[PDB]
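Have a look at the structure below before the remarks.
Here, residue 1 is the first one in the sequence, and each next residue gets the next number. Values below: every heavy atom of this structure, side chains too, minus hydrogens, waters and symmetry copies. Whatever order the structure lists ligands and atoms in, that order sets their numbers, starting from 1. Quick check of the header: X-ray crystallography, 3.6 Å.
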Amino acid sequence: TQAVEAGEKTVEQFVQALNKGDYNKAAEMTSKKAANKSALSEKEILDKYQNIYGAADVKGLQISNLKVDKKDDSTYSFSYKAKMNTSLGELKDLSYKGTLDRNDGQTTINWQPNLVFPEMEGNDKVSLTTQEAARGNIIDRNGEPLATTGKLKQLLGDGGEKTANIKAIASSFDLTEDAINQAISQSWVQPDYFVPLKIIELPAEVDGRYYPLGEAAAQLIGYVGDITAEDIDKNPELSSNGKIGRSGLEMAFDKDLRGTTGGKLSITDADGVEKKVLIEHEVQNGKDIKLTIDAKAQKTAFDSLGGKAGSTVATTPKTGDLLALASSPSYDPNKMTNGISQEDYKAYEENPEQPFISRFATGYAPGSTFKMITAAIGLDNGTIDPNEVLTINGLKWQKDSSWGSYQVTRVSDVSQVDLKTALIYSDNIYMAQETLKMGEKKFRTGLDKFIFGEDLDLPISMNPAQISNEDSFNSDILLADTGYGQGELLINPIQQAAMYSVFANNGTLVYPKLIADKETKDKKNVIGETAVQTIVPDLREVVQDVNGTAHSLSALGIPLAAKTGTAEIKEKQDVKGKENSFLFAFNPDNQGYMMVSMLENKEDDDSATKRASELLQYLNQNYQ
Ligand SMILES: *C(=O)[C@@H](NC(=O)Cc1ccccc1)[C@@H]1N[C@@H](C(=O)O)C(C)(C)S1
């Protein structure tokens, strides 16, 4: 069985050459063109595999159950099962048969047309008919469309009137006259060709993906683009004529939204009469995805940012339903999927504010809002006494002279500061001293009860939140900075709304949900209910007290428990200093809604609190 083992290696190498797409390397392993030998020459075998497998997008040829016996003195027979992936699914349970020849020092394959497909003979052809599948829709929690397939409206003389009509079309549709003449002067433009320019009197209808909210949900939903030849080579089950999700939920849910391509792959005779049907199944359209998003809250949350850098997360904290996931600035997903110029796409990538960033999934330093967690931990382990009054003199403070020139800084010079006063004025010195007295060991014990290091079950690409870089602070300064939300903390707004949901469930952390049909997941006993009933009344005073940092929100006249914060970061690209503004707020009477808004690289005298009056009214009216 020495020459028999060489024949098994020849069959294995022939299949591997077909699997890797190198049809020339597979054809060179066949015998000469003759009777009882190879049916075609090496060059003819190359063109037949390249035409047939290329038309069906065959990829991943895998065989099994190989058996190679011996027939004649110089003829060896082989047989094996095989499976392959085509553009209409996986072809499985294929019985292949053939013979080999070892007329010298090497062993070749007596190639026959039945080695392409099992029942092919002589000059048989292969026909493939496909039916494109309609992409499914993305809807909100009330059925409003967020990503649908609509019918769009896509928008000549001789000499002088032609140039005058171009100037008339550029001024009647807010278009550049230098681009209208550039569209009709492209290399692909032939004399009487309709050159499309932009979508919506006519001087001298097509189907496509449509996003109703547009930029208000561009980071969350995403966009779809034309499928390329490289996309088919990676996944043949795609439609080489349709769309593929490029970012956002259009990409994360691309498999469920695109459906499956339908049609028939059959073998015909020399004349195109069908003989054997290999694959055939009806077209299955893409399923719709229903989100927890509120279409009216998503638009309001985005418009409240006013085009500045920031993000806003609105949830129902008792169930976790993500009502709004806004990010600003944003891009136009309709222009992104229906043709965009090289200048407009470069303007989105070269924009320093980066509109492509999903800021609700980007890890930031939580700021002074994180004092709610440090206080709740201090109340659980008995370190923080709600009535204990610390004496703080001045605006700067340090533990001892070993800190050098670093001092914890506060804004309000209040001499008598207890826990309630610290949350109203956002006193960093108070929380810094209570964190040091708490100790790193007991501080991490309360932090580990949260979602630090956990990857949330959400169709949004993000990194898990962290307490610090390593498992130990190993620095009293870093321990204090982590007390009031600075240091090496990295928590994205979605993870902040999850950690802050304990104050709406009496110490129970409710994980956020984006899909409407998913079951509510929670984590009980994260913080004590006693700490909730102590901090939440103080969070009311952050809005109601006249010296509260969120006193401008008392104008709403609705029950609110809030906590603001303005974290300052080291920018390096700018040595003046960059500060982010944060705001957390929820209804402490019914726990119907919860809001976490931020303002990245804020302007002076600007804050997320100033821009939250509109969204807080809608969430209080429609989510009790
Ligand atoms: C929490 O992050 C605190 N921020 C600082 O100490 C940094 C800072 C604050 C103001 C100006 C420059 C640097 C507190 N959070 C904010 C807030 O809650 O709005 C305060 C201004 C109260 S300090």
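- Lab note: main contact partner of ligand 1 (name per the PDB entry) = Penicillin binding protein 5.
- The drug or candidate drug modeled at ligand 1 is benzylpenicillin (bound form).
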